[PDB]
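Record below includes probenecid.
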Amino acid sequence: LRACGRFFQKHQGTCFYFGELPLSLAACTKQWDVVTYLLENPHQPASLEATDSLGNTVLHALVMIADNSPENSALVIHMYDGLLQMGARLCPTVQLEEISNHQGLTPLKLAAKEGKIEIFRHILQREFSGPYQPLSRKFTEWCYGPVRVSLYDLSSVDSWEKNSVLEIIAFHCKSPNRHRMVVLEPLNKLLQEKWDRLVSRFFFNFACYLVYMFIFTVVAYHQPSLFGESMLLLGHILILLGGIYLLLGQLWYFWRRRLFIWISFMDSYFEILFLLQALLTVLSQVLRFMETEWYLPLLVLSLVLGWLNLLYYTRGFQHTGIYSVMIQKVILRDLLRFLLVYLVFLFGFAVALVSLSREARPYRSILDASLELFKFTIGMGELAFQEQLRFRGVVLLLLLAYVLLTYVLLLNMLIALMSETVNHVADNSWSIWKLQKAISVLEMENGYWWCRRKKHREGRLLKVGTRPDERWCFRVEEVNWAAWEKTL
Amino acid sequence: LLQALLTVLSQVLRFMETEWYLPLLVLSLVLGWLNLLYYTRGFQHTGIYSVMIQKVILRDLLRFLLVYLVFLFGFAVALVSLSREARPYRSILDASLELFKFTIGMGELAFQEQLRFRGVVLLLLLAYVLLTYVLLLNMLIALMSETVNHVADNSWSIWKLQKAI
Amino acid sequence: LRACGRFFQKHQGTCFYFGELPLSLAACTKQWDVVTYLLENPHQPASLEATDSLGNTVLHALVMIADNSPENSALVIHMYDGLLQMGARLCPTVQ
Ligand SMILES: CCCCCCCCCC(=O)OC[C@H](COP(=O)([O-])OCCN)OC(=O)CCCCCCCCC
Ligand SMILES: CCCN(CCC)S(=O)(=O)c1ccc(C(=O)O)cc1
């Protein structure tokens, strides 16, 4: 029986999702004796293959109910393992972790999409001995001193498969946890192996974009008044073709990412800025063929965006690529809040200084007063007792009021930013850079919109046991003195 | 070694009578006085402060400089291209210098009356100012987050190593 | 016998340096009973003067394997001292 009404569905209100079935309730409430009874009573045994209204099996239900705390996750890991070990008795021919819900997700793929690092790490690295060895995803090949060599099973994991765990973490997962998931084994060595095969394609793509931005600059400089002339025309055609090429390449990106489009740009803001630079490059050449002089401010905007977009490629090296992650932060969220306070001050004082500076015994218009009042924040204030104005003492008191209120506001704003951002949290920039390299790899593996690359398959087909049990395994070698010495 | 090479080179260029001896003599005069800060290690108070002050800032400013120079050059080629049409910014050097003056507080931010695209030139300056001051705010907060950690001050011992060397 | 192939050398990849000798392995794996047996069995006593391919003795091997953590360093200090104290029995003229 499925408890399927809105109280039992997963949503932001008052609810309790446990799956929908008696067996999934008994698992999520941590009742082995009830789970054992429901599974192996003679009257009506609970099928481990049974699914709720979302298609979730009890293993998807346990992944939905995992929280990344040590008390929940350790007990969900035990509940998951004993149900999987009971599946090997009760359903011996059935691969319970190959059962897909209505989103096409297995329990491992669902743990990646929902960002559940603790149960994800456990499933991904799972190892057993004796009867349950085929339920492993990790097989130790040999161990010697501080060194372990392990084969990891890549079945749902390698990006050779469509809708794989790597594609999910990069493009379908919403969570803060994505950068912690790409730095787990085997994913860390597997993404390094892919990156090493593609780093020459990454820097070729950068060198083409440097040559395009050199030509863009040499043609935006050397514009005529509004052999050198035919080379200028060639430069405009190369910019049109580079602008159409980038416009088609980014429309293909957003077409492929359509179902999860916000997830595919929330951190990856350059995928919008390359589309915008390409649109403005095509629009500026179109306005130039129309001969309208508004082509030049579009060409110059797409030249600025063109060089700002060159900062995308700083992720290719650890030192620049981690710093591009250290620098950009929570400041973008709070400056957009401070800007509302700063613009009510700036406009409120601008309409006032304009109204009062109108009478004779700067400040000529709302734009000019907004600009003179804005110059106080760049240190160019021009603060003076204006001799010709009738109300010159009140105009000076309005400037002294604006200065004091604005510098109190900037002092409040800097101290508010320090209070949230200088917290001592250990720096998570290396792992956010590893996720930027993962997103870059998983895009490069498709080739280009015009030349769609045939994907190479990672690891080797190896016999790990008797199901024989032959799997695409990937060999990781770990050296760990600090963990090993504690076992001596 | 550099101050000594430039001192020998500047006297060699002076014996050659080439007027480029003077900018080498003046560079080796600057380095000459900067090198006088070596001897601050002879006393505990100046010698520990020479160790408090120099730090991880030299590593991260060389990373920020790549971001700042892509902004500065990207906006300089743009303001030069757009300020070319009549109804500052005469060359890549002059626009790089006018845009650099915004970081020393000497910005000269204005609605230029004679330029055809003067509103777009002002919007390009307001875009550069806002992006650069967001970048400097990100850079200062990034530096505080690594360098204000509460680690107990290891300057007395780094000064003892300077005295050992 | 010297375990001297690249897995046993010290480098930035996958490796396990212990010196290269049975006695240096027994010391770095913290096995006094094996260290005592290798040093003072009657069949073939391990020379405390014996060296790997870098010329490292067991005392250089223990210095290579020290980490500045309190658990590693305290146990390396005990392993180093007992080998040095055994050198005063087994190699009494040798510094
Ligand atoms: C259609 C058939 C003809 C194909 C011609 C060759 C295409 C090469 C494509 C390539 O190198 O693109 C690099 C860059 C986009 O970078 P990105 O997709 O990695 O990252 C995008 C951001 N996510 O895009 C560019 O630099 C623009 C390409 C045009 C300029 C080529 C200059 C060549 C100089 C040697
Ligand atoms: C490829 C050689 C591997 N070796 C260690 C490297 C020197 S090994 O000593 O042969 C060995 C060690 C341990 C195990 C095991 O734990 O199953 C098996 C083999």
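The chain called A is the first sequence line; B is the second; the pattern continues. The numbering of chain A matches the PDB entry: 192-417, 429-563, 589-694, 699-719, in order. Using the PDB entry numbers, chain B covers 477-563, 589-666, in order. By the numbers in the PDB entry, the shown part of chain C spans 192-286. As the structure lists them, so they are numbered: ligands from 1, and atoms in each ligand from 1. Excerpt of entry shown; contacts counted in excerpt.
- Every copy of probenecid considered, the relevant parts of the structure are ligand 2.
- For probenecid (ligand 2), the other chains with a heavy atom below 4.0 Å are labelled A, C.
- In this structure, the binding site of probenecid (ligand 2) at 4.0 Å (heavy atoms) is formed by A:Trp333, A:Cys334, A:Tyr335, C:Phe198, C:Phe199.
- Distance screen at 4.0 Å: atom 18 (C) of probenecid (ligand 2) has a protein heavy-atom neighbour inside the cut-off.
- For A:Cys334, a nitrogen or oxygen atom sits less than 3.5 Å from a nitrogen or oxygen atom of probenecid (ligand 2), counting backbone and side chain alike.
- Looking only at heavy atoms of the protein, atom 1 (C) of probenecid (ligand 2) is closest to A:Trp333 NE1, 3.8 Å.
- Listed by atom number, the atoms of probenecid (ligand 2) under 4.0 Å from C:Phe199 heavy atoms are 7 (C).
- For probenecid (ligand 2) and chain A, counting UniProt transmembrane segments from the N terminus and using heavy atoms under 4.0 Å, no segments are found.
- Regarding atom 9 (O) of probenecid (ligand 2), its nearest protein heavy-atom neighbour is A:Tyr335 CD1, 3.8 Å.
- Within less than 4.0 Å of probenecid (ligand 2), the structure shows no other ligands or ions.
- Shortest contact from atom 6 (C) of probenecid (ligand 2) to any protein heavy atom: C:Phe198 CE2, 3.8 Å.
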I'd like the atom pairs linking probenecid (ligand 2) to the protein - N or O on both sides, separation under 3.5 Å - with distances to 0.1 Å.
from: probenecid (ligand 2); atom 1: 16 (O); to: A:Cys334; atom 2: N; distance (Å): 3.3
from: probenecid (ligand 2); atom 1: 16 (O); to: A:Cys334; atom 2: O; distance (Å): 3.4

